[PDB]
Chemist: 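Drug: SCIO-469 | Macromolecule: Mitogen-activated protein kinase 14.
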Amino acid sequence: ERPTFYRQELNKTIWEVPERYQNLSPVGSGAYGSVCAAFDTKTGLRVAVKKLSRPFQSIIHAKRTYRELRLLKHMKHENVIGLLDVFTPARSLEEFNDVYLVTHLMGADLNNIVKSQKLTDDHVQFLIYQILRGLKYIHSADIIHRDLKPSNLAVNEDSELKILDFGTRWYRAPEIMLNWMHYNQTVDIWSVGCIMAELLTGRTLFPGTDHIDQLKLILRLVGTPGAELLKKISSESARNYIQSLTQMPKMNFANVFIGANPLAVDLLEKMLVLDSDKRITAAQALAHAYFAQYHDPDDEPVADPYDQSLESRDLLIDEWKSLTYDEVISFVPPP
Ligand SMILES: C[C@@H]1CN(Cc2ccc(F)cc2)[C@@H](C)CN1C(=O)c1cc2c(C(=O)C(=O)N(C)C)cn(C)c2cc1Cl
Ligand SMILES: CCCCCCCCO[C@@H]1O[C@H](CO)[C@@H](O)[C@H](O)[C@H]1O
């Protein structure tokens, strides 16, 4: 049977939430949407409840709601944000107006736990281990995150980590920067290297002041693209630009990451390769010697594959709304 809901004005709208969720107060000051921290009386968990905004206002709004709901419903993994609950106060499709999503309150992100300080090599092994475990899962579902950065990485005080928002500009692969039509999963590996470097050194690896500045910082660490990478460039404008570059040597990473664990440096080398086909994958990185104290080949699960074609249809609002409603009704909460 439907829970008892209660009405309580929050974020200058009337929230209606099941009574199980207690003590709602806003968090993140709108950086996350319309979100409140809550106490879930049923599970004993501190949770974040998100009231979707304007979810069926337009075709693109409707479409995006459906997508956010389907993605979250599909993600079931310790290192990826999933759903504890999804509800609407509506009894019918004709009543259906609002969607609320519930997940774990981790309560900080990566910056909020690091504060520009060098981390110990052991704490860096733990944090990167968890990103790569989570990313192995997302990638097995055939999803590319594309904007993996510290603000997208939720961390509790115990430094247990979940990846959020899955599918600044400082963590972005050069081809994402340059708006290449195609890319592979290892765009996210590039982001993990930037994150890992910054964790070890205390400092942002490529703090470009703008797009071109970033690119010059990247090229200066990893050399100008060699002959083999140039053979893979389609765009004549990009080709012309590259050849017009003054060639330069890849920097030695031992001299950039002075004093680091040599296994960390070895991993950084394998992640931060200009050519995306040549970067280590997440499943491979998880087997690298760097993570020996954490790697467990029997607890690094893969996802059932995910149909992105269902979310990129051109449908009517009412069609996307009735679909989204069926996702709500069909929700079965985790064990
Ligand atoms: C992933 C959850 C929920 N998330 C929104 C969300 C996503 C999916 C979903 F289904 C429900 C809610 C954001 C609030 C971030 N979030 C957090 O735990 C979080 C929480 C915070 C946060 C706060 O919690 C806080 O300031 N207080 C006072 C509790 C401050 N920062 C910088 C935060 C960063 C994150 Cl990532
Ligand atoms: C300054 C110019 C250097 C930018 C080089 C980025 C090269 C990234 O690598 C390229 O990734 C593409 C995916 O986007 C694939 O099409 C290619 O196979 C791969 O070589």
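Using the numbering of the PDB entry, the residues shown for chain A are 4-170, 185-352, in order. Remember, it's 1-based here, ligands and their atoms both numbered in the order they're listed. For this deposited structure, the header notes the method as X-ray crystallography, 2.2 Å. All heavy atoms count here, side chains included; hydrogens, waters and symmetry mates do not.
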Chemist: Provide the full list of ligands or chains belonging to SCIO-469.
Modeler: ligand 1
Chemist: What residue and heavy atom of the protein are closest to atom 17 (C) of SCIO-469, and at what distance?
Modeler: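 Scanning the protein heavy atoms, the shortest distance from atom 17 (C) of SCIO-469 goes to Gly110 N, 3.7 Å.
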Chemist: Can you tell me which residue and heavy atom of the protein come closest to atom 34 (C) of SCIO-469, and the distance to 0.1 Å?
Modeler: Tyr35 OH, 3.1 Å
Chemist: What is the nearest protein non-hydrogen atom to atom 1 (C) of SCIO-469, stated with its residue, atom name and distance?
Modeler: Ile84 CD1, 3.7 Å
Chemist: Check SCIO-469 against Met109 and write out every atom of the ligand that is under 4.0 Å from a heavy-atom position of the residue.
Modeler: 18 (O)
Chemist: Considering only protein heavy atoms, which is closest to atom 26 (O) of SCIO-469, and at what distance to one decimal place?
Modeler: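 Closest protein heavy atom to atom 26 (O) of SCIO-469: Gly31 N, 4.5 Å.
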Chemist: Hmm, which UniProt domain of chain A ends up with most residues touching SCIO-469, do you think?
Modeler: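 According to UniProt, mainly Protein kinase.
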Chemist: Would you mind checking which non-hydrogen protein atom is closest to atom 35 (C) of SCIO-469, with the distance to 0.1 Å?
Modeler: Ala111 O, 3.7 Å
Chemist: Considering only protein heavy atoms, which is closest to atom 3 (C) of SCIO-469, and at what distance to one decimal place?
Modeler: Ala51 CB, 3.5 Å
Chemist: Of all the atoms in SCIO-469, which lie at a distance below 4.0 Å from a heavy atom belonging to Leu86?
Modeler: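 It comes down to these atoms of SCIO-469: 10 (F).
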Chemist: May I ask you to identify the nearest protein heavy atom to atom 5 (C) of SCIO-469, giving residue, atom name and distance to one decimal place in Å?
Modeler: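 Going by distance alone, atom 5 (C) of SCIO-469 is nearest to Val38 CG2, 4.0 Å.
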Chemist: Which atoms of SCIO-469 are found less than 4.0 Å from any heavy atom of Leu75?
Modeler: 10 (F)
Chemist: Can you tell me the protein heavy atom closest to atom 27 (N) of SCIO-469 and the distance?
Modeler: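 Nearest neighbour among protein heavy atoms for atom 27 (N) of SCIO-469, to 0.1 Å: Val30 CG1, 3.6 Å.
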